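Scroll down for the structure; my scribbles are underneath it.
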Amino acid sequence: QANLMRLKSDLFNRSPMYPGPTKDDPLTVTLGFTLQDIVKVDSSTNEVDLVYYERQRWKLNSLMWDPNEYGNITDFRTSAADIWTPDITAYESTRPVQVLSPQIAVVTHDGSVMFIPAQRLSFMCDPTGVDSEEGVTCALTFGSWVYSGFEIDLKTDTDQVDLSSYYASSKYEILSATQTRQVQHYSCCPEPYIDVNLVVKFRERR
Amino acid sequence: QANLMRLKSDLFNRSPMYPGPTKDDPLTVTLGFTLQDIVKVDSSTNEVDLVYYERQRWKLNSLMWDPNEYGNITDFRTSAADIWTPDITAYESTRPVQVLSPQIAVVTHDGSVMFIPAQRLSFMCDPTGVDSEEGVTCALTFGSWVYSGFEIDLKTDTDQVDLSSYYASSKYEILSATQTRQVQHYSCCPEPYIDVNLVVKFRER
Amino acid sequence: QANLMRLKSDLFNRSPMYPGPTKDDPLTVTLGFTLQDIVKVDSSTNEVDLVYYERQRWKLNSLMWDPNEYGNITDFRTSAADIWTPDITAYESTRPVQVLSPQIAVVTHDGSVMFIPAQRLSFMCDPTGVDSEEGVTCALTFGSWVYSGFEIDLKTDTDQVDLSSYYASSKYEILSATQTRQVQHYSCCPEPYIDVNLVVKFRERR
Amino acid sequence: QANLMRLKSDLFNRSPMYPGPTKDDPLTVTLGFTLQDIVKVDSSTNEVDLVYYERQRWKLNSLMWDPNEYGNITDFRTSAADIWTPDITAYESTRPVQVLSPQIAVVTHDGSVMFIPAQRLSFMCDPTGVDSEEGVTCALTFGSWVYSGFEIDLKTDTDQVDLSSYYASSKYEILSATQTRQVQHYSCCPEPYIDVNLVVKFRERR
Amino acid sequence: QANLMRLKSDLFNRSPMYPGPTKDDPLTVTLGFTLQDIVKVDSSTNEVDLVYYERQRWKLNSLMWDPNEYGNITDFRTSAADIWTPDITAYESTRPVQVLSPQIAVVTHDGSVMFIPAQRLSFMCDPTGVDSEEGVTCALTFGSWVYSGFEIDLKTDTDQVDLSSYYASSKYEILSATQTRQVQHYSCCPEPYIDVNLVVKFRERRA
Ligand SMILES: c1cnc2cc3c(cc2n1)[C@@H]1CNC[C@H]3C1
Ligand SMILES: c1cnc2cc3c(cc2n1)[C@@H]1CNC[C@H]3C1
Ligand SMILES: c1cnc2cc3c(cc2n1)[C@@H]1CNC[C@H]3C1
Ligand SMILES: c1cnc2cc3c(cc2n1)[C@@H]1CNC[C@H]3C1
Ligand SMILES: c1cnc2cc3c(cc2n1)[C@@H]1CNC[C@H]3C1
């Protein structure tokens, strides 16, 4: 309708796009994972394929507006390509990530954004021991590729990976799955980088 | 011709595109499935591959015209990218859905739209017992990814999946195939989301 | 060359693109198949891979010109994106079609266009009996996805499939291959649709 | 720098792109192949995978300039997308060709263009006898997909395929390889088409 | 915010893009490799699959600015598509490289650029002996596709490849990996071309 088209026109045409966070104006992204399925294990290459959602939230003043000035609209859907999004990357991936869902974000009048893409990922993981009762553990680090912790900071809402949607007939059952903020330095660069470490222990279902 | 060229110009360059449904102007999408073939079963990863087509219908006021003002044209075909389409998604997919058909829709003068994409889909399914005679049952949910039931509702015209085009020499025969609207809640959000549950019982032929 | 640049400019830059055929302005589209190779047969999924050319022909008034007014130019080549092309689709495909040739068409001064995309296609076919001498038969139906026979008058030139390019050393030899216009109705719509039925009889070469 | 940006501007922004050759203005394209590696052989489907360079050369008056008018610049590199390039295609491919190199041409002040993409090609080939000492022979025809002998002629600079940088540690070694111009009819068209026939004889290296 | 938006505007939208290096204005690109994983070895086709990232650095006069003129901005992240990048290519690749990371570069006020794409590469390599103690050695050649040494020169900051991030549970363990500038001629062309030669020695992880 008219107001929403007016609102989206204002936010996206009145101004050039948000150029990303800076040291002067850093951003915090809240990251949470929903694990759908461990689809595949490959012991000839030590790769494991994972289907999951990645819940992302951040807030920008450039996406703020007054609902009264727009027929009481307090939020809207929009293509993730219309707006800036964080370069959150899985560091142990072995193939380009595969997108499983539409890429549409919800923007709220207070400038907050929620974006939840579903993905399939192959990543480095030695599955040796997956057929035992103890199972095997693998770890994933999700973080910004190019922004240090002075520009993008990460946090979680919970330490528990959401398993409420996990496929009950998966070849693999999950014994535990956690998500933990952590920080490290890389050789190339002087500043610390922030990541959320996904640690998943699993085994062959029986 | 010039009447159609004028009408399309008067609809797509006339106004900004439809920004999608809202709670004040919700949209009901009608869905129907035609199952072409169960192509492949993988008992090592619990994936099944389906080829099907999905009939989508919906109606937008912004796509309306008086035919009399355009040489009596009552409907036209156009690229799906020229118009807004619903984000209907298979929730259990394990690979990006592969489109097999041109992405073209028909728009009628009353604003109604019909879009029928053919697709190959890999989804989550334990096919254990497909080699028996009782067969195996798998379930598939299709729904808007980002719109709740206050924004997009869904409907089916029939509970029967259309099987009149099913491959007679498929490696798998279909014992039953239903499509049912249902309401679900998800951990991230408090609102109800609507899906259409595709339940397919099948076995080796 | 200046004449051709000027010609393309007048045909494409001036008026908008042809919006496709309609009930008020039906269009004849001619189809012929040149079968190149049956690459692969999979009896675990009943899928067959075929490599072929699809010769497409049609004619538009909006693409006509008088050669006299353009240095006696009688034809040119142009990107398929510059013009309308028919949505011809293989109905029994199981994977997206893989394009093997450049997407370029030839336009002649009388307005006729020829577009010949080479393609690799996987489709449903039960190859039980391919190893015998009576061989196996498979049917494949090509047609517009969205245009009925009120809009597209689909036809072949000949009923014989062009086999003069078929790979002599293929794993599979062709016993017979026909191409025939047929009229079908579909559940969704009341209009009759036109397709070309491709029937191919083939066996393992020996 | 200044003079080069000015030259590229004057070439690409003043007049539009070369629209391709015609009957009355044909273009001769020179072609050489450099074989890098026969990567793979598939005897269940009669497909062979090849990695090669394709050296293309042609000349356009519309790409000529006076170097003295442009700071003694005699040539320059530019994205292949900024200029017209010929639609050379392998007729016997079974999968879309994969590009392995940047796609950048060199344009020289006399209007001559050199373009050398590296590619991987799956094509129709019977490897029956690849493990013998006499090896097996296969052939590949390369030509414009849509320009006939009236619009594009092809020539080779030599009859011999460049094998000087072939990969010494390939599963397959090359006994001989030739490239030869030939003229051919196709069922669709009365105009003959020119191709270059690549004939390669190889065997498994031991 | 506003200054950053204004700065990017002046660099990209006002001046036409850099047309690349020439003999008159040659360019030096510094390259360094960080090897994450040897995923796969195919002895039926002599291909090896490798996951690595590649650190690239160069400097352009045309990317310089005075920070006091732009709210003290000394650097910024920008899409790799917004700027010129070197056409560094693995010569031995057998598949198109698969990009694993966002394609975002960092540009600094002195005109220097840093770009670190992560990639999966399939390349030609005979892995015979990979299941032995002594292992197998393979060589990769990275260089410009179309610029000779008169237009693009290369260097490493060190001769030792970075192995400290190598996945410890790979199927394959690395014995050594070096990265060395080298000069070559090619049949088609009269000018020397520069590359960094990456030599990796590895074997199957056992015991
Ligand atoms: C700027 C541009 N790209 C970078 C890539 C990486 C890093 C910093 C970068 N800074 C370290 C952290 N993230 C991945 C690699 C290495
Ligand atoms: C806004 C944006 N993305 C969403 C993704 C999902 C959901 C709601 C969203 N709302 C729940 C339902 N649909 C899929 C997942 C979870
Ligand atoms: C408009 C848009 N899409 C359609 C898809 C199909 C059909 C008609 C359509 N009309 C029937 C015929 N062609 C393929 C399927 C079903
Ligand atoms: C116009 C457009 N496409 C064509 C494709 C081919 C041919 C002519 C064409 N002319 C014959 C020669 N080139 C490949 C096939 C057949
Ligand atoms: C200009 C344009 N393309 C080239 C391609 C190559 C070469 C030089 C080129 N110069 C030699 C070096 N790079 C790869 C091949 C061969």
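In the text below, chain A, chain B and the rest are named by the order of the sequence lines, each starting its count at 1. Ligands are counted one by one from 1 in listed order, and the atoms in each one are counted from 1 as well. Keep in mind that the numbers below use all heavy atoms, side chains included, and drop hydrogens, waters and symmetry copies.
- The compound at ligand 2 is the drug or drug candidate varenicline.
- Bound to varenicline (ligand 2) with the most contacts here is the chain that the PDB entry lists as soluble acetylcholine receptor.
- Lab note - other chains with heavy atoms under 4.0 Å from varenicline (ligand 2): A, B.
- Residues with a heavy atom within 4.0 Å of varenicline (ligand 2): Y53(A), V106(A), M114(A), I116(A), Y91(B), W145(B), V146(B), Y186(B), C188(B), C189(B), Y193(B).
- Residue-ligand proximity, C188(B) to varenicline (ligand 2), at heavy-atom distances under 4.0 Å covers atoms 7 (C), 8 (C), 11 (C), 16 (C).
- The PDB entry lists the organism for chain B as Aplysia californica.
- Atoms of varenicline (ligand 2) lying under 4.0 Å from any heavy atom of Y91(B), numbered from 1 in the order shown and given with element: 12 (C), 13 (N), 14 (C).
- Residue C189(B) has at least one heavy-atom neighbour below 4.0 Å for each of these atoms of varenicline (ligand 2): 8 (C).
- Atoms of varenicline (ligand 2) found under 4.0 Å from any heavy atom of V106(A) (numbered from 1 in listed order, with element): 1 (C).
- For varenicline (ligand 2), the polar-atom distance check finds no N/O of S144(B) at less than 3.5 Å from any of the ligand's N/O atoms.
- Set against the non-hydrogen atoms of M114(A), the atoms of varenicline (ligand 2) under 4.0 Å away are 1 (C), 10 (N).
- Summary of contacts: the protein heavy atom closest to atom 2 (C) of varenicline (ligand 2) is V146(B) CG1, 3.7 Å.
- Atom numbering of varenicline (ligand 2) starts at 1 in the shown order; those under 4.0 Å from a heavy atom of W145(B) are 4 (C), 5 (C), 6 (C), 7 (C), 8 (C), 9 (C), 12 (C), 13 (N), 14 (C), 15 (C).
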